[PDB]
**Q** 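Here it is: the structure, laid out below.
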Amino acid sequence: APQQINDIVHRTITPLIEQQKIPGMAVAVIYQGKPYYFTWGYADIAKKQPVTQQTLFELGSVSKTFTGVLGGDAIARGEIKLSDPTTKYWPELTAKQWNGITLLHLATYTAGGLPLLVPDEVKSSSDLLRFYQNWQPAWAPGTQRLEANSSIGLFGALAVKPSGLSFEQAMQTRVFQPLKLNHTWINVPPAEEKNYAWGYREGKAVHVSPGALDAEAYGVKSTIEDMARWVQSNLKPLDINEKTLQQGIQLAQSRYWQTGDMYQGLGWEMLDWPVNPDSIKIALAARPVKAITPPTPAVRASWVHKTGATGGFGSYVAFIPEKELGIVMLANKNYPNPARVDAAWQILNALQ
Ligand SMILES: *C(=O)[C@@H](NC(=O)c1c(-c2ccccc2Cl)noc1C)[C@@H]1N[C@@H](C(=O)O)C(C)(C)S1
């Protein structure tokens, strides 16, 4: 590819792999709408399979960008509304604390302290009902943001309900297919197992385990190729043929709440571009939010991104719609979010 692109990429990621002792990594850079690929290390140390443009990485929380979009698509389809109480799609949600809790609240982590992880002992639909029924809000809805799987995850599950499709049923046919992401899955087919990389946590090959609402919050696995297309799709949403998926993408990039200089979308998070590097280990930051009334439409001059991880994988997606620029980073080792963002900024800012 262009030697300029080739050079920041290699000069930033190389030491990054060395300092963080990252087994395998994949990187895509979207320059003026064209993807450039890079690959290092191993997808499976034991079998010496290297990382390739075909390797599957666990996206972790980056999965929330898909849930965000799929939900925006359901809104566009008129199957759900963000202004609707959560009880509309789950009538058995009788506890009185759900009253003024809307789908917008679930989707944006502002319901009032929904826990970061759904408890491991919640292993059944009925288990899931009781958990949400018995949850006690630490705060009033629309006052604080506490990032959580159990918040966005229930939103994903409720958003596809009117449709009658499973979440994965809706994801495939309403988002992966339309977008030609043929190597992106919530569940990896046996046919793709030879591309599924192992994650590395403390020296052992690990894969994410099943959990409640896992497909909706941290479940998708994908290649740098499909991720590149995913970034391409979120950069230029007007070039998408299926009309609700177009609207859906834009809605996910809308600004619903503001905290510091960070804005909260559906899955995606945004910062006004140009952005200061200072701005971009605290397992839990509760942050009050200012409501953006009404929500601002997706802003070209943003730095839209999202981190995500699992026991064995660390990933990051960042793109500036206005510069038609973007990057994707996928490693099979969970390493410091900050190093991810530094590397992202260094590459991208060096290309305008
Ligand atoms: C998304 O990636 C979320 N994490 C998980 O669901 C998850 C983790 C994990 C990894 C590092 C630190 C904490 C946790 Cl819980 N391990 O397995 C799973 C399924 C949340 N998003 C993360 C992010 O923004 O990168 C966190 C750390 C805020 S937790």
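Sequence positions for chain A are given in the PDB entry numbering; the residues included correspond to 1-280, 287-358, in order. One-based numbering, in listed order, for ligands and for the atoms of each. The way this entry was determined, per its header, is X-ray crystallography, 2.5 Å. Note that these values count all heavy atoms, side chains included, but never hydrogens, waters or copies made by symmetry.
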**Q** Looking at ligand 1, what drug do you see?
**A**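 Answer: cloxacillin (open form).
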**Q** Counting heavy-atom pairs under 4.5 Å, which macromolecule has the most such pairs with cloxacillin (open form), as named in UniProt?
**A**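 By the greatest number of contacts, it's Beta-lactamase.
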**Q** What are the atoms of cloxacillin (open form), with element, lying closer than 4.0 Å to any heavy atom of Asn340?
**A**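 Listed by number with element, the hits are 10 (C), 11 (C).
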**Q** Please indicate whether any nitrogen or oxygen in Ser61 is less than 3.5 Å from any nitrogen or oxygen in cloxacillin (open form).
**A**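 For cloxacillin (open form), there is an N or O atom that lies under 3.5 Å from one belonging to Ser61.
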**Q** Give the atom numbers and elements of cloxacillin (open form) that come within less than 4.0 Å of a heavy atom of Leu117.
**A**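 Under 4.0 Å from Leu117, cloxacillin (open form) has these atoms: 6 (O), 15 (Cl).
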**Q** If you look at the UniProt active-site residues of chain A, which one is closest to cloxacillin (open form), and how far apart are the nearest heavy atoms, to 1 Å?
**A**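 The nearest UniProt active-site residue, by heavy atoms, is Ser61, 1 Å.
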**Q** Might you check, step by step, whether the distance between atom 27 (C) of cloxacillin (open form) and some protein heavy atom is under 4.0 Å?
**A**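 No; the ligand atom in question lacks any protein heavy-atom contact below 4.0 Å.
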**Q** Check whether any protein heavy atom sits under 4.0 Å from atom 7 (C) of cloxacillin (open form).
**A**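 It does; a protein heavy atom is within 4.0 Å.
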**Q** Hey, does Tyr218 come in under 3.5 Å of cloxacillin (open form), counting only N/O atoms on both sides?
**A**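 Looking only at distances, the answer is no, because the N/O contact criterion of under 3.5 Å is not met.
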**Q** With atom 18 (C) of cloxacillin (open form) as the reference point, say which of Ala289, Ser63, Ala315 has the nearest heavy atom.
**A**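 Among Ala289, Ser63, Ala315, the closest heavy atom to atom 18 (C) of cloxacillin (open form) belongs to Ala315.
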**Q** In the complex you have, is atom 20 (C) of cloxacillin (open form) within reach of the protein, judged by whether a heavy-atom distance drops under 4.0 Å?
**A**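 Yes, because at least one protein heavy atom sits under 4.0 Å from atom 20 (C) of cloxacillin (open form).
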**Q** Which atom of which residue holds a covalent link to cloxacillin (open form) as deposited?
**A**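 The entry gives a covalent bond to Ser61 OG.
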**Q** Which residues and nucleotides contact cloxacillin (open form) at a heavy-atom distance below 4.0 Å?
**A**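 Going by non-hydrogen atoms, it's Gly60, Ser61, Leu116, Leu117, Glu147, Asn149, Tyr218, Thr313, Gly314, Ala315, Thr316, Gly317, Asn340, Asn343.
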**Q** Do any nitrogen or oxygen atoms of cloxacillin (open form) lie under 3.5 Å from a protein nitrogen or oxygen, and which ones?
**A**
residue	atom	partner	partner atom	Å
cloxacillin (open form)	2 (O)	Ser61	N	2.8
cloxacillin (open form)	2 (O)	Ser61	OG	2.3
cloxacillin (open form)	2 (O)	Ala315	N	3.0
cloxacillin (open form)	2 (O)	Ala315	O	3.0
cloxacillin (open form)	6 (O)	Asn149	ND2	2.5
cloxacillin (open form)	21 (N)	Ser61	OG	3.0
cloxacillin (open form)	24 (O)	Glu147	OE2	3.3
cloxacillin (open form)	24 (O)	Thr313	OG1	3.0
cloxacillin (open form)	25 (O)	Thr313	OG1	3.3
cloxacillin (open form)	25 (O)	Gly314	N	3.4

